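Record below includes cyclothiazide.
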Amino acid sequence: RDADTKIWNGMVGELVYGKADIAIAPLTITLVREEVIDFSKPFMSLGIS
Amino acid sequence: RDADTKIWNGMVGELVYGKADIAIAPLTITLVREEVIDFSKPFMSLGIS
Amino acid sequence: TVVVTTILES
Ligand SMILES: NS(=O)(=O)c1cc2c(cc1Cl)N[C@H]([C@H]1C[C@H]3C=C[C@@H]1C3)NS2(=O)=O
């Protein structure tokens, strides 16, 4: 979400504004994304390597 | 659960029958436990060894 | 029908 206009963009922006129903994609579960959309339990384990 | 009786015995049974509010516990996120009680996102990643 | 959004990343 670009604070400038507090507009969520990208795959999150398709979900918050309802133009797409689901995002099955490499999307990292973070804190700011929790406030507007809800994730499932994370299907893939990854770490900084 | 109980043997074909569905009386949960354990930390699930202290949750599913109104006794406890929350389990901050080493409790595996599995499918059947998800249907009866909620889970958070995992705080520890592990496997059968 | 259900619309699946995703990113183009191999
Ligand atoms: N093989 S893997 O590393 O892609 C991978 C990674 C993960 C798996 C399963 C596999 Cl196979 N399951 C867990 C999930 C199962 C339940 C317990 C934790 C979540 C819900 N997420 S994870 O820890 O992200």
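The order of the sequence lines fixes the chain letters, beginning with A. All residue numbers given for chain A refer to the PDB entry; the residues shown span 453-501 in order. Residue numbering for chain B follows the PDB entry, covering 453-501 in order. Residue numbering in chain C adheres to the PDB entry, whereby the residues present occupy positions 394-403 in order. A fraction of the deposited model is presented, and contact counting is confined to that fraction. Atoms within each ligand, like the ligands themselves, are counted from 1 in listed order. Per the header: electron microscopy, 4.0 Å.
- Counting all copies, cyclothiazide can be found at ligand 1.
- Here the macromolecule with the greatest number of atom pairs within 4.5 Å of cyclothiazide is listed in UniProt as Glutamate receptor 2.
- For cyclothiazide, the other chains with a heavy atom below 4.0 Å are labelled A, B.
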